[PDB]
S.K.: 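The structure's right below; bear with me while I get my questions together.
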Amino acid sequence: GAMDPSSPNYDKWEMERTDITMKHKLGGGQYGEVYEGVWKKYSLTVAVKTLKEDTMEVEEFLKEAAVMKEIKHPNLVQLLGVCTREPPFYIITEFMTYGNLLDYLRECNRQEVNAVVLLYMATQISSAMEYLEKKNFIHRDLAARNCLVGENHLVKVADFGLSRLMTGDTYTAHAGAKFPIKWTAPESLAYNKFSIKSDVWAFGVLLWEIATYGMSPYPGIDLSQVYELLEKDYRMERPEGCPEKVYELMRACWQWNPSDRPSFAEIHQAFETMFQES
Ligand SMILES: Cc1nc(Nc2ncc(C(=O)Nc3c(C)cccc3Cl)s2)cc(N2CCN(CCO)CC2)n1
């Protein structure tokens, strides 16, 4: 019985499929076939991600779970289990009540989610990233649409399908697939080179999304002209009401040369300080 500890095929992350109830579907977006559910064993609400026929290879789908088994942080969406073996595989995690950060910012009560709270959301995320950096992991998909919101303005980084444990300071992707131009660092766009610093650059973009309450980066700018603009030293302007110190932090994140970009440890301490000033 693989499900038994005595078994040689035992896996602590494998959970009894009949231990979960599939309620309302949450999909509608791009995360995939995401469902809301309940882990009866504890009547604990949970999020469930499913896999289909063609859609994606099983080795590709489980990649995200493999990554999530090695990271643990209050600001990183936590893995609760997986359902392999039979058809439709599942990936179960804690459930974030308010959905993705991007839509949250666009639908929120701006009087409640104010300057301090926005500041509190940036600090939490930089916290999760300081942990990933410290363990030499890269996320490669940092964006407001990939963060999740819980009660009390709790924010957690999600979507680890492209995350990787690095052996060095860099990771070179292959040449196939593409990457979100407006969130991707120059060296990643030009040479497909990723690193913690490329995550730092994306964090800067995420800050701008937060400061604008969900505006799309480089509004109105054609995607084919983004890179060359960035090469001519163009950078998004300071959002209305955005503190200059916070904006100066965005600019440091967008330094053309990776080594000129701050570390996530410096970024988090910088935000922790500003936030404590409350
Ligand atoms: C699509 C969606 N996700 C929600 N919560 C989530 N929590 C965790 C999720 C998840 O994807 N985990 C996960 C990860 C991160 C990686 C691998 C595998 C998995 Cl399974 S998704 C809530 C939600 N809504 C409730 C709030 N409504 C607005 C006001 O009530 C709108 C609808 N909608």
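Numbering starts at 1 and runs along the sequence shown. Every number for a ligand or one of its atoms is a count from 1 in the order of the listing. Just so you know, these numbers use all the heavy atoms, side chains as well, and skip hydrogens, waters and symmetry mates.
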S.K.: Give the name, out of perifosine, chlorhexidine, batimastat, radezolid, dasatinib, of the drug at ligand 1.
M.R.: dasatinib
S.K.: Under the nomenclature of UniProt, which macromolecule has the greatest contact count with dasatinib?
M.R.: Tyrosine-protein kinase ABL1
S.K.: Report the binding site of dasatinib using a heavy-atom cut-off of 4.0 Å.
M.R.: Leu26, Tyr31, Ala47, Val48, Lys49, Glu64, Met68, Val77, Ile91, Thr93, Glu94, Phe95, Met96, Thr97, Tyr98, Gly99, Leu148, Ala158
S.K.: When you measure from atom 30 (O) of dasatinib to every protein heavy atom, which one gives the shortest distance, and what is it?
M.R.: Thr97 O, 4.5 Å
S.K.: Quick sanity check - which UniProt ATP-binding residues of chain A lie within 4.0 Å of dasatinib on heavy atoms?
M.R.: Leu26, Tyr31, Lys49, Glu94, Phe95, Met96, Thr97, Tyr98, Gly99
S.K.: Nearest protein heavy atom to atom 17 (C) of dasatinib, by residue and atom, and its distance?
M.R.: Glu64 OE1, 3.1 Å
S.K.: Nearest UniProt active-site residue of chain A to dasatinib, heavy-atom distance to 1 Å.
M.R.: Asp141, 11 Å
S.K.: Under 4.0 Å from a heavy atom of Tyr98: give me the atoms of dasatinib that qualify, with their elements.
M.R.: 26 (C)
S.K.: Can you find a protein heavy atom under 4.0 Å from atom 19 (C) of dasatinib?
M.R.: yes
S.K.: Please report which non-hydrogen protein atom sits nearest to atom 13 (C) of dasatinib, along with the residue it belongs to and the distance in Å to one decimal place.
M.R.: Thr93 OG1, 3.4 Å
S.K.: State the UniProt domain of chain A with the most residues near dasatinib.
M.R.: Protein kinase
S.K.: Of the protein's non-hydrogen atoms, which lies at the shortest distance from atom 22 (C) of dasatinib, and what is that distance?
M.R.: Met96 O, 3.3 Å
S.K.: Quick check: what organism does the entry name for chain A?
M.R.: Homo sapiens
S.K.: Starting from the N and O atoms of dasatinib, find every protein N or O within less than 3.5 Å and list the pair with its distance.
M.R.:
unit_1: dasatinib; atom_1: 5 (N); unit_2: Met96; atom_2: O; d: 2.9
unit_1: dasatinib; atom_1: 7 (N); unit_2: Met96; atom_2: N; d: 2.9
unit_1: dasatinib; atom_1: 12 (N); unit_2: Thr93; atom_2: OG1; d: 2.8

